[PDB]
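Summary heading: complex between acarbose and Alpha amylase, catalytic region.
Following the PDB entry, chain A shows residues 15-599, kept in their order. Just follow the structure's listing: the first ligand is 1, and inside any ligand the first atom is 1.
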Amino acid sequence: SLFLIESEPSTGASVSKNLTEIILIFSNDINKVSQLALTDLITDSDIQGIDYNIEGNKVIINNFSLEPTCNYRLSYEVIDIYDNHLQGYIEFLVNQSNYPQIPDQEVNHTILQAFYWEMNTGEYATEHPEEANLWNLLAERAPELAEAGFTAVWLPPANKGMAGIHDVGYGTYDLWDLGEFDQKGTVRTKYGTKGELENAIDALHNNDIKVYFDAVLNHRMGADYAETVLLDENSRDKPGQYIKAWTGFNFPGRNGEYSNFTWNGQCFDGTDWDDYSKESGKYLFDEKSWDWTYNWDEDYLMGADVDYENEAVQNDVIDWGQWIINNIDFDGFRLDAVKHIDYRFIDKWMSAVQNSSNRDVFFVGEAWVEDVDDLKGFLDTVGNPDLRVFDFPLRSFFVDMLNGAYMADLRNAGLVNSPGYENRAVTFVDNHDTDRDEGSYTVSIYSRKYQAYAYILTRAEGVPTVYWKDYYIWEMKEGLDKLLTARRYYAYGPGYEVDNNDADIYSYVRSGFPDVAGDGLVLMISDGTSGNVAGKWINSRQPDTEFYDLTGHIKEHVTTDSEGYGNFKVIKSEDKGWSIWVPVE
Ligand SMILES: C[C@H]1O[C@H](O[C@H]2[C@H](O)[C@@H](O)[C@@H](O[C@@H]3C(CO)=C[C@H](N[C@H]4[C@H](O)[C@@H](O)[C@@H](O[C@H]5[C@H](O)[C@@H](O)[C@@H](O[C@@H]6C(CO)=C[C@H](N[C@H]7[C@H](O)[C@@H](O)[C@@H](O[C@H]8[C@H](O)[C@@H](O)[C@@H](O[C@H]9[C@H](O)[C@@H](O)[C@H](O)O[C@@H]9CO)O[C@@H]8CO)O[C@@H]7C)[C@H](O)[C@H]6O)O[C@@H]5CO)O[C@@H]4C)[C@H](O)[C@H]3O)O[C@@H]2CO)[C@H](O)[C@@H](O)[C@@H]1O
Ligand SMILES: C[C@H]1O[C@H](O[C@H]2[C@H](O)[C@@H](O)[C@@H](O[C@H]3[C@H](O)[C@@H](O)[C@H](O)O[C@@H]3CO)O[C@@H]2CO)[C@H](O)[C@@H](O)[C@@H]1N[C@H]1C=C(CO)[C@@H](O)[C@H](O)[C@H]1O
Ligand SMILES: OC[C@H]1O[C@H](O)[C@H](O)[C@@H](O)[C@@H]1O
Ligand SMILES: OC[C@H]1O[C@H](O)[C@H](O)[C@@H](O)[C@@H]1O
Ligand SMILES: [Ca+2]
Ligand SMILES: [Ca+2]
Ligand SMILES: [Ca+2]
Ligand SMILES: [Ca+2]
Ligand code: NA
């Protein structure tokens, strides 16, 4: 049978105006190109003078000059060497060549989460062998990340873990070992050596990208030795019994470099394992008490739980934080498991790290709380103005969207829409805990993920985060790059809600800056599935302005009236139900 196998560009692509040829690859050798047209779809004009050449089953089309922002269709009728006839087309959109000029200081911030759970395991190791040396890879990719519009990267925990080269990083053994010391069976971490990390940091900084460390302060695992420890009469399990606890940490590979501190049972509140009875439990050590947490009795999670009421422990961990920023040159932190760490300590540590340098250190906590009011309460309780948090509440709306949501409610969803707290939201769609292959803790955003990204990337509040697995592994880069273009160049000025959202369509307006030519956008997203194009009458805040859809989805322009209104459009499908309208000029 005669069909098109592939094309370069693929249908629906955004391409540079510098593109010189279109390649069509057919299933059979081609005898004739009967008909061929490259049509500018906005003006409905066929481009004169295009040429083609046949090479076996390939047709190469060239001799054209593409116009930035224009939507094109290449239509063909071919005849193969068996006399089969095939009529078809591809469509593509040309990138803008002259973008709005946003002052460097006002450019939007966007984070890349630069890892996932299964990196360099199983089939991912075979298919993406470059990920066997993540720090080297990030150094190699820094220019492309910067070009894409990322301004910060969140690294996986970069210190040594209990599982050595296999640890994703959360099995914290030694904070002071960044892949420098022979500990846990390896000198490097999963990601590389300390020197490779420092090379990555310097390469990322060379491209004006900030670097955040994933700090895991709650627990320690992989103790060097076990101790006999009496449990408190207040212990939930085995009160008043001796257990054998893995609480001895002396870091013999490191041999005291950077910090002479060593850990024993007096540095921990408790543990979940007794090596005598070989029984799990929740064991509180004699004379210890669980630290103050937002929710009652949430200090214990796993491992040997750090006692942040111990002053020597506090001092070492504060020293470590200061080291990471001032000596290792990080720009901020993700605080893992933040709700399980003494809130007094979190506040004191943050302020001590912030106060140690003139650099404005970024902090985001992972407080897995899906109710907005509960998450506001958490923030209120830690009381540190610099603490941002991941917007798990907003992500709950994306989970709703999987089988259909009431889309107008995106006006009010999430911490990012909570008055007084919007600027402390770090918005996201998935991460290494919500999108993993096995042993995920929730369902992933397996449908309508683009819509979710479009929503967080165009918003005037919050700092959005892109997940490496989505961008590089699930191969959503091509679509995400369009959204990142929107954010980098267009998503500026105040944000406005609209008055005609409904069950299936949410729209949103960024007016642009009054002193920047050509910025601003109209977002339309939908959870509809009827497969039709739908419109909404929206006030763009840009009178008498022509807009185009930078996603390539709608092959029309919208020209607003003297009051700024136009009929902006979106396709009602899962796959293509987002559009971002931006000025043509
Ligand atoms: C031979 C050997 O001998 C010695 O070794 C000894 C060791 O030294 C000892 O330390 C000890 O070791 C013990 C061992 C040994 O195997 C195991 C065990 N530890 C396991 C652990 O049990 C296991 O699970 C796993 O842990 C990893 C985890 O699975 C991964 O996912 C990852 O995690 C991290 C992380 C931890 O750092 C935290 C982050 N995310 C958390 C989040 O922070 C947290 O709050 C929670 O979220 C829940 C919400 O809190 C909850 O509310 C709910 O959410 C609801 C929401 O609130 C509502 O609003 C809404 O409506 O509903 C929501 C529902 O979704 O649910 C969420 C989700 O659950 O969890 C999330 C995930 C971070 O992002 C995560 O990625 O990493 C973990 C660590 O790798 O593995 C470890 C190892 C014991 O604890 C440990 O003590 O004993 C051995 C001897 O056996 C000697 O030392 C050695 O030298 C010798 O070789
Ligand atoms: C392309 C696709 O990639 C990712 O999807 C992953 C899931 O994250 C992962 O859990 C697994 O999904 C299974 C899921 O766990 C299970 O609950 C369900 O019953 O079956 C799923 C199929 O195996 O694997 C898929 C990858 O195969 C992203 O999370 C998805 O969002 C992403 N979809 C994108 C891409 C397209 C294609 O253009 C859009 O049509 C789609 O709406 C968009 O969300
Ligand atoms: O304090 C360090 C030492 O104390 C102990 O008694 C431990 O059993 C031993 O393994 C450890 O090296
Ligand atoms: O706030 C968290 C609560 O959990 C634990 O029970 C603590 O011991 C208690 O002091 C703390 O306030
Ligand atoms: Ca704790
Ligand atoms: Ca304590
Ligand atoms: Ca709906
Ligand atoms: Ca403007
Ligand atoms: Na504790």
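- Mapped onto the model, all copies of acarbose cover ligand 2.
- Neighbouring residues of acarbose (ligand 2) under 4.0 Å (non-hydrogen atoms) are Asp449, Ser458, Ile459, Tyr460, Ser461, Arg462, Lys463, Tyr464, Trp488, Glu588, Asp589.
- The protein non-hydrogen atom at the shortest distance from atom 12 (O) of acarbose (ligand 2) is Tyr460 CB, 4.4 Å.
- Among the ligands and ions shown, none besides acarbose (ligand 2) lies under 4.0 Å from that drug.
- Protein heavy atoms come within 4.0 Å of atom 40 (O) of acarbose (ligand 2).
- Below 4.0 Å from some heavy atom of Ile459 lie the following atoms of acarbose (ligand 2), by number and element: 29 (O), 30 (C), 31 (O).
- Contact annotation for atom 7 (C) of acarbose (ligand 2): protein present (non-hydrogen atoms, distance under 4.0 Å).
- Within the 4.0 Å cut-off (strictly below), no protein heavy atom is located near atom 14 (C) of acarbose (ligand 2).
- Some N or O of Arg462 is nearer than 3.5 Å to an N or O of acarbose (ligand 2), by distance alone.
- The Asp449 neighbourhood of acarbose (ligand 2) comprises atoms 7 (C), 8 (O), 9 (C), 10 (O), with distances under 4.0 Å to a heavy atom of that residue.
- In terms of protein heavy atoms, atom 1 (C) of acarbose (ligand 2) is closest to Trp488 O, 4.1 Å.
- According to the deposition, there is no covalent link from acarbose (ligand 2) to a chain.
- Inside a 4.0 Å radius of atom 4 (C) of acarbose (ligand 2) there is at least one protein heavy atom.
- Within a 4.0 Å radius of atom 21 (C) of acarbose (ligand 2), the protein has no heavy atom.
- Interface atoms of acarbose (ligand 2) facing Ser458, defined by a heavy-atom separation under 4.0 Å, are 7 (C), 8 (O), 9 (C), 10 (O).
- Those atoms of acarbose (ligand 2) with a heavy atom of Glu588 less than 4.0 angstrom away are 40 (O), 41 (C), 42 (O).
- Set against the non-hydrogen atoms of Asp589, the atoms of acarbose (ligand 2) under 4.0 Å away are 36 (C), 37 (C), 38 (O), 39 (C), 40 (O).
- Within the 4.0 angstrom cut-off, atom 33 (N) of acarbose (ligand 2) has one or more protein heavy-atom neighbours.
- There is a protein heavy atom less than 4.0 angstrom from atom 30 (C) of acarbose (ligand 2).
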